[PDB]
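The structure described below contains FG-2216.
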Amino acid sequence: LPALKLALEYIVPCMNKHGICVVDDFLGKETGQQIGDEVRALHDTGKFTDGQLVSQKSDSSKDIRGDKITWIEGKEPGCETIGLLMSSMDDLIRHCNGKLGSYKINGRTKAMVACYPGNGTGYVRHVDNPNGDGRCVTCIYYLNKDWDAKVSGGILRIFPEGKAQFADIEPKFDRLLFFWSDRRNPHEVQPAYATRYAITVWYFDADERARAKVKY
Ligand SMILES: O=C(O)CNC(=O)c1nc(Cl)c2ccccc2c1O
Ligand SMILES: [Zn+2]
């Protein structure tokens with residue numbers, strides 16, 4: 001489907017009504033696989049950090065670390081398909097401008113590739129942008145083939161601001177996700193028992209970002 005059709009007939013209305021939207025088979029198998037290879041290459045070549053310090057025991061040899069990350073601009077050699085993913089995300093956002101709430105997106109962060117090693121670590125409940133730093137939309141792309149939460153866990157659980165119920169999102173291969181970055185979407189990553197890859201990009205609202213500068 002053309003970016004515009006997907007955006008106008010689904011993303012725009014979905015976001016305004018739910019603020020949490022999922023798009024499966026975003027780029028297709030071939031492209032998704034190539035991205036998976038680039039991300040795996042980054043890992044195998046030691047480009048990721050050692051992982052978030054989860055448990056710092058008296059002894060450091062036994063320390064437990066979680067999600068590993070690496071920032072990608074999208075033009076570096078070996079990550080061009082990722083840059084392509086980022087472009088696809090952008091073209092999609094552009095077709096939504098003026099329709100995603102009253103926000104006016106004028107920029108984004110670089111891509112943050114994250115890898116949960118599968119040692120039972122997850123990510124505590126949190127809000128991406130709780131202090132109004134400009135980020136209005138969180139965009140996540142998953143690259144995990146044949147991922148079964150019942151077996152590997154790693155489920156993304158979001159707790160919509162008012163609703164009681166929460167939404168469980170599986171980090172399925174070639175899946176794209178959109179959700180408001182503010183306090184309306186507190187979320188967390190349940191313990192992952194298998195290698196879990198995801199690529200995140202945050203979009204900035206023009207006004208919020210402009211005055212964020214003031215307050216720093
Ligand atoms: O990956 C997922 O399905 C959900 N991930 C997150 O919500 C998430 N959020 C933040 Cl702010 C960070 C921040 C740093 C590293 C990983 C993060 C992460 O996976
Ligand atoms: Zn988050």
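Numbers here simply count residues along the sequence, with the first being 1. Note that ligands are numbered from 1 as they come in the structure, with each ligand's atoms numbered from 1 the same way. Header entry for method reads X-ray crystallography, 2.0 Å.
- Every copy of FG-2216 considered, the relevant parts of the structure are ligand 1.
- Ranked by contacts, the top partner of FG-2216 (the one with most) is named in UniProt as Egl nine homolog 1.
- Less than 4.0 angstrom separates some heavy atom of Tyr142 from each of these atoms of FG-2216: 2 (C), 3 (O).
- Residues of chain A contacting FG-2216 are mostly from the UniProt domain Fe2OG dioxygenase.
- With a cut-off of 4.0 Å on heavy-atom distance, the UniProt-listed Fe cation-binding residues of chain A close to FG-2216 are: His126, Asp128, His187.
- Neither the backbone nor the side chain of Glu188 has any atom closer than 4.0 Å to an atom of FG-2216 (non-hydrogen atoms only).
- Using a 4.0 Å heavy-atom cut-off, the UniProt 2-oxoglutarate-binding residues of chain A near FG-2216 come down to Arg196.
- FG-2216 has no nitrogen or oxygen under 3.5 angstrom from a nitrogen or oxygen of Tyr123.
- Within the 4.0 Å heavy-atom shell around FG-2216 one finds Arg196.
- Near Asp67, with a cut-off below 4.0 Å to any heavy atom, the atoms of FG-2216 are 15 (C), 16 (C).
- Distances below 4.0 Å separate heavy atoms of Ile69 from the following atoms of FG-2216: 15 (C).
- Less than 4.0 Å from FG-2216, one finds the following other ligands and ions: ligand 2 (zinc ion).
- For the residues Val189, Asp128, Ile199, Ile140, the heavy atom positioned nearest atom 11 (Cl) of FG-2216 is part of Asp128.
- When non-hydrogen atoms are compared, FG-2216 lies under 4.0 Å from the side chain of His187 (C-beta onward) but not from its backbone.
- Taking every non-hydrogen atom of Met112 and a distance limit under 4.0 Å, the qualifying atoms of FG-2216 come out as 12 (C), 13 (C), 14 (C), 15 (C), 16 (C), 17 (C).
- Within 4.0 Å of FG-2216 on heavy-atom distance sit the residues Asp67, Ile69, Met112, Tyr116, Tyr123, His126, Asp128, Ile140, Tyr142, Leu156, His187, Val189, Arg196.
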